[PDB]
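Taking it in order: structure first as structure tokens, then the write-up.
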There are 2 protein chains.
Amino acid sequence: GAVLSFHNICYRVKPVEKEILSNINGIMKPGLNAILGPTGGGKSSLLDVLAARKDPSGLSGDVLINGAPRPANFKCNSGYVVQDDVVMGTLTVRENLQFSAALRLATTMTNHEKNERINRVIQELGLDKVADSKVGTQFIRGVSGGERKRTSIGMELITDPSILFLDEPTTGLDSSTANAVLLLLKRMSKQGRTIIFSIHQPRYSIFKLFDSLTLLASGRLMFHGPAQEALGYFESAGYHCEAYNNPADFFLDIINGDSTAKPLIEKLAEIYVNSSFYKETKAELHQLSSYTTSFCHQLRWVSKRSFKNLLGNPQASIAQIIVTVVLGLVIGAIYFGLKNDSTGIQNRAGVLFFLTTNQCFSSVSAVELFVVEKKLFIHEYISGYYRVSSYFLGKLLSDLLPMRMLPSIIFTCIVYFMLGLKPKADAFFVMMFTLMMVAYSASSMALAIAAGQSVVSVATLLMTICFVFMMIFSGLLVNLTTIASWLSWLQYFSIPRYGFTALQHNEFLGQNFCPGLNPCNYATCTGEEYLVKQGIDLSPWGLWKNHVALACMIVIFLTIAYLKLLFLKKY
Amino acid sequence: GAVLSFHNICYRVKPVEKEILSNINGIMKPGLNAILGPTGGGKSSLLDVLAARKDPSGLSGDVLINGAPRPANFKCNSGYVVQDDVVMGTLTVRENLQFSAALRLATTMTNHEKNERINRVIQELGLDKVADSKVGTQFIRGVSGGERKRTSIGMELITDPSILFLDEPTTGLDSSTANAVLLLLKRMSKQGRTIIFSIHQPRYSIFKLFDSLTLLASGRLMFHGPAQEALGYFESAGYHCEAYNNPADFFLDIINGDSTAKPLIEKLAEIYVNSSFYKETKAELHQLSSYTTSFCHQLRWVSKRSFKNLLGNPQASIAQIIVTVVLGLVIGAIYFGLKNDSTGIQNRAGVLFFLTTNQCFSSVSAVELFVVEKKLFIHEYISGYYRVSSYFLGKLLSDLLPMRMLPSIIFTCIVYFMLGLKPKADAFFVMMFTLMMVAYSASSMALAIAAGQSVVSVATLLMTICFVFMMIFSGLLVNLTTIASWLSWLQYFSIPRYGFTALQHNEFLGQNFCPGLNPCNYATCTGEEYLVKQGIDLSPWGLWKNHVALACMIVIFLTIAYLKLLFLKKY
Ligand SMILES: COc1cc2c(cc1OC)CN(CCc1ccc(NC(=O)c3cc(OC)c(OC)cc3NC(=O)c3cnc4ccccc4c3)cc1)CC2
Ligand SMILES: CCCCCCCCCCCC(=O)OC[C@H](COP(=O)(O)OCC[N+](C)(C)C)OC(=O)CCCCCCCCCCC
Ligand SMILES: CCCCCCCCCCCC(=O)OC[C@H](COP(=O)(O)OCC[N+](C)(C)C)OC(=O)CCCCCCCCCCC
Ligand SMILES: Nc1ncnc2c1ncn2[C@@H]1O[C@H](COP(=O)(O)OP(=O)(O)OP(=O)(O)O)[C@@H](O)[C@H]1O
Ligand SMILES: Nc1ncnc2c1ncn2[C@@H]1O[C@H](COP(=O)(O)OP(=O)(O)OP(=O)(O)O)[C@@H](O)[C@H]1O
Ligand SMILES: CC(C)CCC[C@@H](C)[C@H]1CC[C@H]2[C@@H]3CC=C4C[C@@H](O)CC[C@]4(C)[C@H]3CC[C@]12C
Ligand SMILES: CC(C)CCC[C@@H](C)[C@H]1CC[C@H]2[C@@H]3CC=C4C[C@@H](O)CC[C@]4(C)[C@H]3CC[C@]12C
Ligand SMILES: CC(C)CCC[C@@H](C)[C@H]1CC[C@H]2[C@@H]3CC=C4C[C@@H](O)CC[C@]4(C)[C@H]3CC[C@]12C
Ligand SMILES: CC(C)CCC[C@@H](C)[C@H]1CC[C@H]2[C@@H]3CC=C4C[C@@H](O)CC[C@]4(C)[C@H]3CC[C@]12C
């Protein structure tokens, strides 16, 4: 079995540094161990310290498994269940468990075997009725909080861990369900596994199951030792129960100073260090003194989950495609029959500008989903599911690449022929390629800004402002040849400028807009004159210059996003 | 005291109609009464039925207070505490209680007296340490879930009600805090008040406090009667406890079929109807067979809370003002020194278009706050705080009117003189007025769309799409004189068109853009020619036509919003 231990633990958090956890010493031998305490005592913090999910800076003690230091496979042979559930709402119960099994259990096992394990877990936790139902989504009403909580427990159990950490496994659950969960852990603990969990308001039947007990309060350790002997320890100092049927209440009332015999917290702790229990553990403590699956598998499974999540959030995929089609048709109707007249220049420039800005501003919606999933990404990376690289490339090849390509194609196919733009194939494909490139560049910039930011509103605001400032330098609202020199350099940071310039160069090159024709100066009859007055070049190199600039921006921004994820605080 | 009662209650929910609650009969005499049951049994639904927060369509029974039917002041002399807390995060604890006191307690009392009551409540609930701290916000980490829960309890207690309904008052609270809350209610119930609440996992000490008991399960009523006699009733059918220290577990285990003696639910219910308890209540039941404060006060307090909420969410007020200033300065730099040259027309039209669209699209951010507060509005209206009209006008005079006016002023003051637009005062004030009008019209349209919609994403998408379609008809991207007749009529539904046309008419009227000057046809030297080619009229009536159209749209859209709130399902 696994014999966890700790000694002289203290933790500090920040300027001013405060100690959430003061001196703590204990041994969590195999079996079933518990951590009772009042709210704010530090139950969740100690658990993370034991499971190495806290920044090692603050930690000021030694944690040992079976005497030897922490192995590098610790997170490959342990499980952690979070106080606040992190479960992808858009998926069903079974799908989430499948995801955990696939990326944590080794690939040597057959997929049928894994599904058999998954079914067994579901039956044990009583999730059969909602096995294939969806977890809650904003659009889709889903399972209750209790079923969601048990689902998080399931994902960790599937790994068949030798060590399991749980935080408030029984919250939002009625007594019957709570008892079933605890009995399962007890059965799971009579085989050599070590189970550590924090609980609120146990029943007497449950409390008898506890083998080892830990009692936190305001950081201090009031009592650690066998659960059955806890009553005797308190009785010696005073506090003869003889009132409460449930002992768990008897402990908490003492801590809150509601029972008969400087602060009561410090006073009680001083008693423990003088107890035999502290002496025994000090004697024992002093005496004692990688990823399962490869890159490709992680990529496939992450991309799959992203596909499903995207389809489950309609506003970002289905709605964008539908509005794309509607806009294409309306534009085709509004600009139908472009004429080489006085009005041709205006309408052509306007439509191209509209398409460009539409591609740029549509990227905001997708990345917002990248923002909301920061918490899940951190939790899964810490738990040891996947690497950063796999998550990044999967989200790209599932969300950014497929969906952002289509709007360009739809817009070109619908608009080009209805309006009557350049009737040559080269122009058609150039238009499609250019729109694709601006879309990808905007998405990459959005990712660079949004990656690592927790709040959706702030990221949305920042990206919107940046796109606005780009749009001012697109080449239509202002003439770039009239801008002062000390500000003109900014026009090279604008994506819409490159796309818009390319489209203009493609459309205006061989057109005359004065129908019947002593040249009339101050008049732009020919398209080339308009291009010149707007600053654009006439060589073939201008178009391709814009395109290569877009590609370089894509690469730069995506790389920045990867680095922002890499140097993030995953603790 | 207050003697509530019910008889033959059944409720139906929807097509297919299902009965959440089957036959239910009971009397909730003064004192302390409880509703235990497993999750999903129907505890929250019955409570709403008793407190008249459910649609009366489904209800199929009679509810009586003191024998007489439900008075119209029922919600003026009752309190309801929600299972999921509804507390404005951006405010402190004390501020929320002040809001409840001001609008529910009569104005005859002095404000100092109310604050004295508020202090007493806080001391009783143990919220003194966090009395003036802020409740949780996304930006501001706030009080724990337990303190938030007790705060919701406080707001109802301040009214000093003769009848109080609570739903899971002890959830997220440790035993010590839970016991304190229950003891307070017990003390509050020995004076004539009637208290009804639903609870999970009581302690034996608490359960002895219960005077009357109700036991729901899968809709059916398994037991109603005195709490002390509940054990005897079950013992007669079998189920001699002699195992469990806490009786509350003994009841729930039976319902879940985990104890010794068609489904167990139906089987148990059949026993109750044959019990003496059912006979007694049937004998008794068969035997038995406005706003405190005026309009202005509600308006003032709603507007005040809205001010605070707006300031607490920086992204909507502070950020919008800052970006407004930054955009003004950047625009002033980009377009500095507008010249009566070939480029003057383009830059002028572009800047005016940018300002107009900025005013239109900035309205999305504010209304989103109107969306998120739908739940709170429904809860408060049902509880009897305020009317619909007061809420509407308060949110207007607090959020829409003050904040949307400033950006226009800032933009005009910064931009007008730096660029060098028409150097006459009339044009300056016309520009300011026009921008104000488009801002208000867009906000009104946003409210009309967003009011009554629960999801933020959908409303944001809809308003954004509508503004896009308006923007196509602004007069720049397309020439309105070239649009086909069967679609041209749409141009009269566009707000940016009216604002943009007014600004163009103000700026271009007396300008010549050909510097040195056989007239050169196909050339727009004079501004009037440009206006004509864009379809605009030259009379003074065009400008004012646009303005009056905006005003009419404002009135229409705001009225629609009020009606949408009025005919909403507040149940
Ligand atoms: C988790 O819950 C959620 C929370 C939230 C959201 C979604 C959620 O759920 C996931 C999304 N919330 C977005 C709120 C929002 C959206 C937009 C703006 N503001 C502009 O967009 C704009 C501003 C200008 O000045 C400030 C401006 O100046 C000129 C031109 C602007 N836009 C254009 O010009 C333009 C042009 N073509 C377009 C074509 C297609 C689509 C958009 C186009 C836009 C401001 C706020 C924020 C919170
Ligand atoms: C002027 C009109 C045309 C030019 C428009 C300029 C847009 C520039 C877009 C590329 C910048 C970029 O993408 O920056 C990318 C950076 C990269 O993160 P980081 O630097 O490593 O931050 C450190 C992060 N750590 C500490 C975790 C490592 O993200 C950010 O900084 C986030 C905020 C960006 C705000 C940008 C607002 C720009 C307003 C400009 C007002 C004049
Ligand atoms: C074409 C370019 C220029 C013209 C642009 C047209 C914009 C019209 C704006 C005013 C309409 C309005 O504000 O409608 C206001 C209505 C009012 O609610 P209700 O009718 O009572 O719904 C019943 C609600 N109950 C049942 C509770 C009473 O809100 C809505 O319907 C909500 C959805 C509106 C979607 C509008 C999308 C428009 C897309 C047009 C694609 C051609
Ligand atoms: N990163 C952090 N920054 C600042 N304070 C923290 C941080 N982490 C924990 N704390 C503080 O430590 C104290 C204990 O928080 P903790 O998360 O341990 O609560 P808990 O013991 O899990 O109780 P419960 O989860 O039941 O509320 C709190 O006062 C909290 O503010
Ligand atoms: N509007 C509704 N539409 C469909 N079903 C409903 C509706 N309201 C309630 N129900 C159903 O009634 C049953 C009881 O739900 P209820 O809200 O009463 O739970 P509860 O008794 O409050 O239990 P808890 O709140 O502890 O989960 C549930 O199965 C729920 O799906
Ligand atoms: C039908 C046409 C004319 C409507 C104009 C386009 C806009 C207003 C429509 C087109 C497609 C629509 C979306 C279609 C599907 C969904 C998924 C649903 O679960 C919520 C609403 C939502 C997100 C719709 C919102 C409104 C929407 C974006
Ligand atoms: C991290 C971010 C800010 C990186 C920004 C890099 C951008 C500004 C770089 C990437 C590639 C660059 C372009 C590469 C090629 C050319 C062609 C040349 O004849 C003019 C400059 C121009 C058009 C460059 C302008 C600056 C440019 C677009
Ligand atoms: C300083 C200038 C150049 C920045 C450009 C303007 C944008 C990027 C800045 C200007 C004002 C800024 C806001 C100022 C204050 C707040 C409140 C804070 O609790 C969260 C960030 C937030 C919401 C900022 C977000 C970024 C913001 C909107
Ligand atoms: C509920 C919503 C859709 C109501 C929409 C009403 C709009 C379209 C109405 C309100 C006031 C109306 C305007 C009132 C006055 C004039 C001046 C006239 O010489 C031309 C029509 C014009 C410009 C009207 C166009 C239509 C108009 C703008």
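The chains carry the letters A, B, and so on, in the order of their sequence lines. The numbers used for chain A are those of the PDB entry, and the residues that appear cover 34-47, 58-304, 326-353, 368-595, 601-654, in sequence. The residue numbers of chain B are those assigned by the PDB entry, with the residues present covering 34-47, 58-304, 326-353, 368-595, 601-654 sequentially. Both ligands and their constituent atoms are indexed starting at 1 by order of listing. The analysis underlying the following values was restricted to heavy atoms, covering all of them including side chains, and did not include hydrogens, waters or symmetry mates.
Located at ligand 1, the drug is listed as tariquidar. Tallying contacts with tariquidar, the largest count belongs to the chain named in UniProt as Broad substrate specificity ATP-binding cassette transporter ABCG2. Lab note - other chains with heavy atoms under 4.0 Å from tariquidar: A, B. Contact with tariquidar, defined as a heavy atom under 4.0 Å, is made by these UniProt transmembrane segments of chain B (N-terminal numbering): 2, 5. Within chain B, the UniProt domain with the largest share of residues touching tariquidar is ABC transmembrane type-2.
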